[PDB]
Engineer: 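Attaching a single structure in structure tokens format; questions to follow.
Alphabetical chain letters, starting from A, follow the order of the sequence lines given. To match the PDB entry, the residue numbers of chain A are left as they are there, and the shown ones run 3-179, 193-521. What you see of chain B is 3-179, 193-521, where the numbers are those given in the PDB entry. Both backbone and side-chain heavy atoms feed into the values below; hydrogens, waters and symmetry mates do not. Counting convention: from 1, in listed order, for ligands and their atoms alike. Header entry for method reads X-ray crystallography, 2.5 Å.
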There are 2 protein chains.
Amino acid sequence: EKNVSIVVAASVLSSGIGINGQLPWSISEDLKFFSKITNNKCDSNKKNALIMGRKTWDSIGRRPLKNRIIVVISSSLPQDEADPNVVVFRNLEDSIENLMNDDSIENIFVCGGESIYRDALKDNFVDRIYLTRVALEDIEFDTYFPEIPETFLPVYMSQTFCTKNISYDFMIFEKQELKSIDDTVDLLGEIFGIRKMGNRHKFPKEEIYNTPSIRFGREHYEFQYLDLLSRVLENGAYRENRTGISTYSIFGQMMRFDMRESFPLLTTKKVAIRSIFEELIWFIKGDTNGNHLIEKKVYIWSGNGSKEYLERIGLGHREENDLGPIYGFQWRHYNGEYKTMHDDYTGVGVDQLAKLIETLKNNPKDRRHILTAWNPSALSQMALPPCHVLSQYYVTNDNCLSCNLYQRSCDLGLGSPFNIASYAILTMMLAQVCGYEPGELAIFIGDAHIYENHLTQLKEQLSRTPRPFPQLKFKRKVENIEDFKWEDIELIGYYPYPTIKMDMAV
Amino acid sequence: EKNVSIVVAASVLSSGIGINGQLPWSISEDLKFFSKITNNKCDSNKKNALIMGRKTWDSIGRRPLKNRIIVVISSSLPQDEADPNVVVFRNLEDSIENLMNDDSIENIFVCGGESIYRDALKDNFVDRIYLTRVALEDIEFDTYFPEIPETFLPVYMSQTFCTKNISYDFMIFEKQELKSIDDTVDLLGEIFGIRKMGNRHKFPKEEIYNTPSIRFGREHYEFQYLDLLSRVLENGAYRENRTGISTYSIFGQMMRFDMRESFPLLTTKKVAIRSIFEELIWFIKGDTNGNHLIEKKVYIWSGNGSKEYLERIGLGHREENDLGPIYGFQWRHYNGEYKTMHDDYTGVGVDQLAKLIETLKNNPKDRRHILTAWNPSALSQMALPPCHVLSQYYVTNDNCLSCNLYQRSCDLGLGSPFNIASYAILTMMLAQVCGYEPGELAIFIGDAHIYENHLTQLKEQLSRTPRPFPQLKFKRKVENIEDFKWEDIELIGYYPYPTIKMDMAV
Ligand SMILES: NC(=O)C1=CN([C@@H]2O[C@H](COP(=O)(O)OP(=O)(O)OC[C@H]3O[C@@H](n4cnc5c(N)ncnc54)[C@H](OP(=O)(O)O)[C@@H]3O)[C@@H](O)[C@H]2O)C=CC1
Ligand SMILES: NC(=O)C1=CN([C@@H]2O[C@H](COP(=O)(O)OP(=O)(O)OC[C@H]3O[C@@H](n4cnc5c(N)ncnc54)[C@H](OP(=O)(O)O)[C@@H]3O)[C@@H](O)[C@H]2O)C=CC1
Ligand SMILES: CN(Cc1cnc2nc(N)nc(N)c2n1)c1ccc(C(=O)N[C@@H](CCC(=O)O)C(=O)O)cc1
Ligand SMILES: CN(Cc1cnc2nc(N)nc(N)c2n1)c1ccc(C(=O)N[C@@H](CCC(=O)O)C(=O)O)cc1
Ligand SMILES: Nc1nc2[nH]cc(Cc3ccc(C(=O)Nc4cc(Cl)ccc4C(=O)O)cc3)c2c(=O)[nH]1
Ligand SMILES: Nc1nc2[nH]cc(Cc3ccc(C(=O)Nc4cc(Cl)ccc4C(=O)O)cc3)c2c(=O)[nH]1
Ligand SMILES: O=c1[nH]c(=O)n([C@H]2C[C@H](O)[C@@H](COP(=O)(O)O)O2)cc1F
Ligand SMILES: O=c1[nH]c(=O)n([C@H]2C[C@H](O)[C@@H](COP(=O)(O)O)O2)cc1F
């Protein structure tokens, strides 16, 4: 009785694994994973057995794999004994003679063939599944990996990797069958109530935890966002705010996202990437005219720019969509005297963005690459004080650009998915203009909250297992950061779950 | 063969446990801990046995403990059989007859008496040690808990708790006498190099990890600082900076500290608490004259305010120790035009601190309690740009005041211990003035680094197991936050390791 594992690489939506006798992709790192996972063993005087169908045996050229024994399932192949590295069996059950005897075989791997995969799962021979999810869907397949039966549960999901602009990750599924420290912490939590800080940061219950069977392998960085939702649902205090809609709120949180091997665009929900880009280039250009976004069919700033809202907050003198000195006016004209959105501000104020770009490439190891929007002198004139308040940038020794952001207030349902993608694009833009590669993104949050009219929606999103992040590439090298257009951006391999409608609190 | 555990409460330095036949303190929560840990059992048809010396039996009034069986070690007590809840043995070894039979005894606890403790450890009867460390030292003891033998290793250390201004924590010692996920992550780290983000955040090696035997019980929040040192030693990139002293640096980190039950003043090193307060009240008053700190024998700002340094950074026109508009000038006079440190600035600029105090008590649930010091218009005039750049404050539903801080650059050897205690005091001051209690402290860091001339010192500090945090209380209620004096502060129960000298990089 030894272990039997499936190794397979399948597409993210339809589970395609083959086409015309070969693979529908060419990913070198995935073959290295197959090699390392099938060679891994404890006893040096034993070998691992790789079971595969005859058509897969043809596709690998009918040549042996070093250090391993290949088991071919075939009805017509001659049961040859000349090659000790290749053995032939007439059916899959008989090949499980690797179990019944042969103590020189340590582990068994079901290595390919839809027919072999389907029979191994149908007869309940498989203990573990190593799955490489490939983000390629609008191509032709003729061979599929069968649906994983309900007896299996995921226990690991890696970060997203990139090869030739193709996104992929690695997952492990398993077939389902000291206390002294945990007891002491429980007893201390009964004695001290909320006096014990751990009781103020309770671990989320299973019913609000995304894919709960993945306990020690939540490596995919979309869990950084999903688990923050779970923490708010678990520990969030019911609080009122300036809007009529109350929230559940906690204070002091963070999220990390990689940007070297993928782009952090959420997959558990279709995110309006075009509106995100249009808002960001609107910031970069220094613009505060809300009509320019509406003219581009972007209405995210409509609520905080209506005549009724502006009059209510004491800005009735202002034009309809004149939002005042907000993001993009502090970026390009910090401390500049604001009049209206139609005036000419060329030369007024401190151009933070221009100075940031120059210091990033003239003094990369400088510890002061800072862009701020919190101006106490201008807060009263803003339609809304800045939420993403301050950001810092860092040039690594291997010429990557990382970004930290402090956010004072985080609408997790609507604002947060935008903020993650927004500063990811901005860091990539700064990276290209300064001649670096994208690095890492960290977001530090003050008031992280969920509006109570988003509870049904966000619990729906928490029921969806994440998929690998897509890739985002620029189609050309711009001469100035203001020259970026929506046509220059290419989003590769984005296969999200359907859209989830959520209303904005004015 | 069942478990034998010691339960004891001893003072943090000298391990005193008794005086004149009674305890040297009165801590209710510790008695409840003793009750819960000695009653904890699995089988409802079994009981736990509590072994104690005769003098301890006298000190508890010679009355039984509910649901448990007391085993008294005595040479003269009559071996009575009337009470089935109290049994008498003539020596400690014979009383371990609880093991040899009596299947109604599930667990065994050695519950007190220096004579009983010393014999239980000397004869190697003990498997586990439950230790309550009490921060009371300059009092009289006549009974001591023996030194824990080297066969034991700590596995848990709780946060600091407070009873009647007495600090204490709980520790567990043990006599130290699936792999599929870990293997897959290792294999993925061999294929992808620094392309896998986990390889850029490697777990610290044991030789640079403070108290490595505590793996799953690093609850004491001083580990938030110590483990950040370890992360920098493990993954820090060697980088140059404006000073002549290079650092090892990482980007994007955080630390959390409780403030309800203790004050986060590091114990692995004696911290100059008076210099911290004197600098903070210097900020609150709006002062930028460096001589006022030197006149109070505080020299932390001397290096960045000397004639040689000021001339070197292009501020040769300034008087000696005229630091310019820095912390406390942006706090009280944001955007105010700075001339020299001798001028009258009453009324100029935005008084952020005054507006913060007013909003904290008139609109507590407001999500904009923000204090910033990053002024792009004034950076060129500063002797040093702000390190602690922005802070946000939060009023919980149970009337506690929490604080978030973003720090762009963190000297972990010298600056970081100061920043932790500084913003803890400030949040406590704001809490008293606004009528709240202290909450939690979170510090988010950009460039966290260690200067290379601090490596020997910080590795020395990493060899010291932390002690419970002290308490900090105010002796009077001030009418204005500016009225706080050093005499108003009481530091209770601070027993740190000796001072560690480290030079500042100019
Ligand atoms: N992405 C991935 O991870 C992988 C993809 N692939 C791809 O999948 C395709 C191949 O898979 P597939 O089309 O299903 O072919 P198979 O690899 O499953 O091979 C099928 C052959 O196996 C033999 N066989 C299967 N079942 C039995 C049985 N019950 N009794 C006796 N013999 C049996 C038969 O050989 P015979 O006719 O001689 O009797 C059959 O023709 C290729 O394109 C390949 O590249 C393959 C492996 C992995
Ligand atoms: N902080 C804490 O966790 C605890 C503190 N304490 C404190 O410690 C003090 C008491 O401890 P301590 O002074 O050491 O007294 P003990 O509790 O250890 O009791 C001593 C008595 O136990 C009997 N005894 C001990 N060893 C032997 C032996 N080898 N053979 C036979 N009998 C033995 C003797 O009784 P006899 O003379 O009858 O023969 C001896 O006088 C008190 O002040 C108490 O408050 C006590 C428990 C816990
Ligand atoms: C057609 N085929 C089946 C195949 C292909 N990709 C997969 N990918 C995954 N993730 N899992 C599988 N079971 C899998 N199977 C192949 C193709 C190549 C090799 C192969 O060359 N393996 C070498 C790998 C050489 C390398 O280092 O690049 C080895 O040493 O194992 C094996 C099976
Ligand atoms: C004098 N003495 C010895 C004593 C006191 N404090 C300790 N504290 C610790 N952490 N460990 C010990 N072994 C210990 N022993 C005592 C004192 C009171 C009780 C006691 O009353 N226990 C009650 C609890 C009373 C309550 O809940 O407060 C129980 O039911 O266990 C036991 C032992
Ligand atoms: N409380 C609060 N006030 C805000 N003021 C300004 C913002 C910024 C802001 C405002 C609205 C939206 C928004 O609807 N996004 C969308 C979400 C989904 Cl799920 C689908 C489509 C859109 C879309 O619009 O294409 C995103 C950001 C904002 C915010 O996010 N929250
Ligand atoms: N690189 C850099 N520049 C700085 N400018 C301004 C600061 C702020 C700053 C400056 C100096 C010290 C400092 O010596 N603390 C001490 C440390 C120990 Cl271990 C013992 C005594 C003292 C003491 O002095 O009583 C603490 C903070 C600071 C800093 O910490 N690092
Ligand atoms: O980029 C944004 N991110 C964000 O989270 N909000 C939300 C946070 C909060 O729910 C709401 C109001 O901010 P506040 O009430 O704190 O002034 O705006 C708004 C943005 F524009
Ligand atoms: O409160 C402080 N905290 C701190 O960490 N530094 C250190 C950080 C850095 O090592 C040094 C210089 O900052 P920088 O060269 O990035 O401008 O000051 C200085 C302070 F005053």
Engineer: Trying to figure out what ligand 3 is stuck to here - the chain with the largest number of contacts. What's it called in the PDB entry?
Structural biologist: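 It has the most contacts with Bifunctional dihydrofolate reductase-thymidylate synthase.
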Engineer: Which of mitoxantrone, esaxerenone, methotrexate, ribociclib has been placed at ligand 3 in this model?
Structural biologist: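 The compound there is methotrexate.
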Engineer: Write down the other chains contacting methotrexate (ligand 3), where contact means heavy atoms under 4.0 Å apart.
Structural biologist: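 By heavy-atom distance, the answer is A.
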Engineer: With a non-hydrogen cut-off of 4.0 Å, what is the binding site of methotrexate (ligand 3)?
Structural biologist: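 By heavy-atom distance, those would be A:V9, A:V10, A:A11, A:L25, A:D32, A:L33, A:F36, A:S37, A:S61, A:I62, A:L67, A:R70, A:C113, A:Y119, A:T134.
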Engineer: Within the 4.0 Å heavy-atom shell around A:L25, which atoms of methotrexate (ligand 3) are there?
Structural biologist: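 Under 4.0 Å from A:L25, methotrexate (ligand 3) has these atoms: 5 (C), 6 (N).
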Engineer: Please list, in number order, the atoms of methotrexate (ligand 3) under 4.0 Å from a heavy atom of A:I62.
Structural biologist: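 Methotrexate (ligand 3) atoms under the 4.0 Å threshold to A:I62: 1 (C), 2 (N), 16 (C), 17 (C), 33 (C).
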Engineer: Which atoms of methotrexate (ligand 3) sit under 4.0 Å from any heavy atom of A:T134?
Structural biologist: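 Here the atoms of methotrexate (ligand 3) in question are 10 (N).
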Engineer: Which methotrexate (ligand 3) atoms are under 4.0 Å away from a heavy-atom of A:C113?
Structural biologist: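 This gives 13 (N), 15 (N) as the contact atoms.
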Engineer: Can you list the methotrexate (ligand 3) atoms lying under 4.0 Å from a non-hydrogen atom of A:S61?
Structural biologist: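 Listed by number with element: 1 (C).
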Engineer: Below 4.0 angstrom from a heavy atom of A:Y119, which methotrexate (ligand 3) atoms are there? Numbered from 1 as shown, please.
Structural biologist: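 Under 4.0 Å from A:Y119, methotrexate (ligand 3) has these atoms: 13 (N).
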Engineer: Should you measure from each heavy atom of A:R70, which atoms of methotrexate (ligand 3) turn up under 4.0 Å away?
Structural biologist: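 Counting from 1, the qualifying ligand atoms are 29 (C), 30 (O), 31 (O).
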Engineer: Check each atom of methotrexate (ligand 3) against the heavy atoms of A:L33 and keep those under 4.0 Å away; list them by number with element.
Structural biologist: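 It comes down to these atoms of methotrexate (ligand 3): 6 (N), 18 (C), 24 (C), 28 (O).
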Engineer: Is there a nitrogen or oxygen of A:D32 sitting under 3.5 Å from a nitrogen or oxygen of methotrexate (ligand 3)?
Structural biologist: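 Among all N and O atoms of A:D32, at least one is under 3.5 Å from an N or O of methotrexate (ligand 3).
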Engineer: Quick check for my notes - source organism of chain A in the deposit?
Structural biologist: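 Per the PDB, the source organism is Cryptosporidium hominis.
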